[PDB]
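The model below depicts 3C-like proteinase nsp5 holding nirmatrelvir (bound form).
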Amino acid sequence: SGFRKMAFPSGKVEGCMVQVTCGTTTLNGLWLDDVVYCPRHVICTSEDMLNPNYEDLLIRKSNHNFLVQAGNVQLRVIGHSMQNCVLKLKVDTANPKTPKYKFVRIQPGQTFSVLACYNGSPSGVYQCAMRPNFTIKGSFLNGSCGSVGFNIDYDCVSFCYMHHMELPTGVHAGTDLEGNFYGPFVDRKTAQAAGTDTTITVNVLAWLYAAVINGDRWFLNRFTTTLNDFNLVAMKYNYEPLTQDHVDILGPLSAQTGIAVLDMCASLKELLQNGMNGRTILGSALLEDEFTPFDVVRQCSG
Amino acid sequence: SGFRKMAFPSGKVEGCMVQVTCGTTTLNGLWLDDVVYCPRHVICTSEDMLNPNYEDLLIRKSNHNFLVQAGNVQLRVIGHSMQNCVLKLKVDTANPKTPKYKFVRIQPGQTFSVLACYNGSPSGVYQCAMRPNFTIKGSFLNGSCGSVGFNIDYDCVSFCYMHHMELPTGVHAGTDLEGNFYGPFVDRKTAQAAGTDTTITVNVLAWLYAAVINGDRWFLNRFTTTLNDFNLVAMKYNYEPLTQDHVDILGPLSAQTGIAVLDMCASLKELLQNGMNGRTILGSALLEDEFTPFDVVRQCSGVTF
Ligand SMILES: *C(=N)[C@H](C[C@@H]1CCNC1=O)NC(=O)[C@@H]1[C@@H]2[C@H](CN1C(=O)[C@@H](NC(=O)C(F)(F)F)C(C)(C)C)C2(C)C
Ligand SMILES: *C(=N)[C@H](C[C@@H]1CCNC1=O)NC(=O)[C@@H]1[C@@H]2[C@H](CN1C(=O)[C@@H](NC(=O)C(F)(F)F)C(C)(C)C)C2(C)C
């Protein structure tokens, strides 16, 4: 029993974290085979943070301007290219700790683990979800940049996120490992703010199913709802609209518990109507939205 | 900025997890140098768990009774010994990934990282506190036994916990790596219950300090209390007493925020009496007590390797 916000073992990613330095800028790099991936804004001074021309700044750089350090070893840089907002440094050594990996772009709602690093040393690991507004509610200080988000599937590491910047509201923005930003952000210091956040409705229902399987039944009820009446009510609490696709994904938890998704939707509407009246679900007095249907099955049946 | 329940990187510890099988029981082992550590109750059958005679059950067992598997490779057991509630199996091979490590035993309120494992394969890492009643609120299914708790200080892994059992209340109990239980528990299937839990007061106050640092400041009030007067409120609300010791630990956070510890106590007191009056603190409707002062500093400022 028990239910924990639980990250993947960070071991396979720890073996890939290096320090990338350029001028007075030091941030973190991901060393896979003979390529170090890191945020391109490493090549910006304080000045060129406002309207950087990355193409112009990079053409000024030779291989020898990039100090790559893996623990003690300085890697020798033998090539640099840019792909979108990530800089790719070719090094003369393939990383011997390179795991089986892929690059994946995730959708809002998806969870992944973040290995927070400073100076190419891993600090800590925590579990994140991609918010509907394409930000993550992370924990990152100065020099954290180039810290990555990942999933692990059997022995394969799925890299989905590289950290770039903090927005004024304290939420974080970054790119996939092809360097395309999640959402409408750019690696410039400009007036840009996170859109209005919403609750990830599909995740809350999943978490309620976890509550049932872990033997908590105090919040259900005898009502059901139409998908439309559910969405019309939920949306007034800033909940993401639930789609037929979301219901389909809840098939397995519905079947395992024998509570139809629209029945559990009825429970949710009433929980929003009523709150907790003291009580808790799975040790929380808020409705948890950073557990996907997959995360529940893995932790409560695996 | 931001504040998360954050675990230590598990790499050094993932390199030490093995599978131990004795008869039809499989669980997890910790492989360090040429010894494998795992719960002694691996030797117990369903029958033997009700009234086990460990010294007797153990002496009836030869090394050939113990399958130790590191991935696909069999390790050869060349010796076996018991220390308190942990079985120590000498294996023919030293673990080449053995980190700098020591065994430490923690007090309630201290936090640590748990690496949950099944069949010697690490599944997940989460952050835990040793509860005041010496349980931990874990997430552990069948085969999780031999999952370890640790902290890291630079390159030294300090192992502090090995998982043994689930209490009927759904909370978890285990030992230090010398096999001494945390709390008044025994490794038999017999009926056991967690005593009544209390809230780790110093940790809430540390967490409230973490709130102030992230600009969540609404709960500050003008009032200050005294330790004596506060601790009377604490007891009523099933809160651990705040000691002179506890107050001194918070000096860094008091100094960093300019909020006196007994001032922060007044905010806390008022919160217990009044509730949160709608609001949340760092996105929680509950007062959080599983972040230590050291945990808060290692994330909100640095010292984070
Ligand atoms: C990488 N080391 C930091 C990560 C930041 C620092 C504080 N916590 C973090 O997660 N990244 C940066 O310094 C990026 C970098 C320029 C400015 N910047 C920011 O994080 C800033 N953000 C913005 O100005 C905003 F909102 F517009 F994006 C700041 C708020 C000053 C921390 C670039 C290229 C975005
Ligand atoms: C190790 N593989 C399991 C892990 C358990 C399984 C359910 N959740 C967990 O964390 N631990 C055990 O097999 C221990 C072990 C015998 C029985 N046991 C229990 O978990 C039982 N608990 C107790 O006996 C209790 F409550 F009294 F502490 C169970 C009835 C399954 C809850 C021994 C030696 C205690």
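Chain A is the first sequence line, chain B the second, and so forth, proteins listed ahead of strands; every chain is numbered from 1. Read the numbers this way: they start at 1 and go in the same order the structure lists the ligands and their atoms. Just so it is clear, the values below take in all heavy atoms, side chains as well, and ignore hydrogens, waters and symmetry mates.
- Tracing nirmatrelvir (bound form) through the model gives ligands 1 and 2.
- Every other chain with a heavy atom under 4.0 Å from nirmatrelvir (bound form, ligand 2) is named here: B.
- Annotation: B:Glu166 places an N or O atom under 3.5 Å from an N or O atom of nirmatrelvir (bound form, ligand 2); distance criterion only.
- Those atoms of nirmatrelvir (bound form, ligand 2) with a heavy atom of B:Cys145 less than 4.0 angstrom away are 1 (C), 2 (N), 3 (C), 4 (C), 11 (N), 12 (C).
- Using a 4.0 Å cut-off to heavy atoms of B:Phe140, the atoms of nirmatrelvir (bound form, ligand 2) that qualify are 8 (N), 9 (C), 10 (O).
- This entry records a covalent attachment of nirmatrelvir (bound form, ligand 2) at B:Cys145 SG.
- Which parts of nirmatrelvir (bound form, ligand 2) touch B:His172 is read off a 4.0 Å heavy-atom cut-off, strictly below it: atoms 10 (O).
- In chain B, most residues contacting nirmatrelvir (bound form, ligand 2) belong to UniProt domain Peptidase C30.
- Listed by atom number, the atoms of nirmatrelvir (bound form, ligand 2) under 4.0 Å from B:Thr190 heavy atoms are 27 (F).
- Result: the UniProt active-site residue of chain B nearest to nirmatrelvir (bound form, ligand 2), with minimum heavy-atom distance to 1 Å, is B:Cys145, 2 Å.
- For atom 35 (C) of nirmatrelvir (bound form, ligand 2), the nearest protein heavy atom is under 4.0 Å away.
- Each of the following atoms of nirmatrelvir (bound form, ligand 2) lies closer than 4.0 Å to a heavy atom of B:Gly143: 2 (N).
- Annotation for nirmatrelvir (bound form, ligand 2): atoms under 4.0 Å from non-hydrogen atoms of B:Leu167 are 26 (F), 28 (F).
- The protein heavy-atom contact nearest to atom 30 (C) of nirmatrelvir (bound form, ligand 2) is B:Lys189 CE, 4.0 Å.
- Taking 4.0 Å as the cut-off, B:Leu27 does not count as a neighbour of nirmatrelvir (bound form, ligand 2) on heavy-atom distance.
- For nirmatrelvir (bound form, ligand 2), the polar-atom distance check finds an N/O of B:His163 within less than 3.5 Å of one of the ligand's N/O atoms.
- In this structure, atom 14 (C) of nirmatrelvir (bound form, ligand 2) lies nearest to the protein heavy atom B:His164 O, 3.4 Å.
- Defined by non-hydrogen atoms within 4.0 Å, the binding site of nirmatrelvir (bound form, ligand 2) is B:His41, B:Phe140, B:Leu141, B:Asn142, B:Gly143, B:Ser144, B:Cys145, B:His163, B:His164, B:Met165, B:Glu166, B:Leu167, B:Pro168, B:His172, B:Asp187, B:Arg188, B:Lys189, B:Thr190, B:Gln192.
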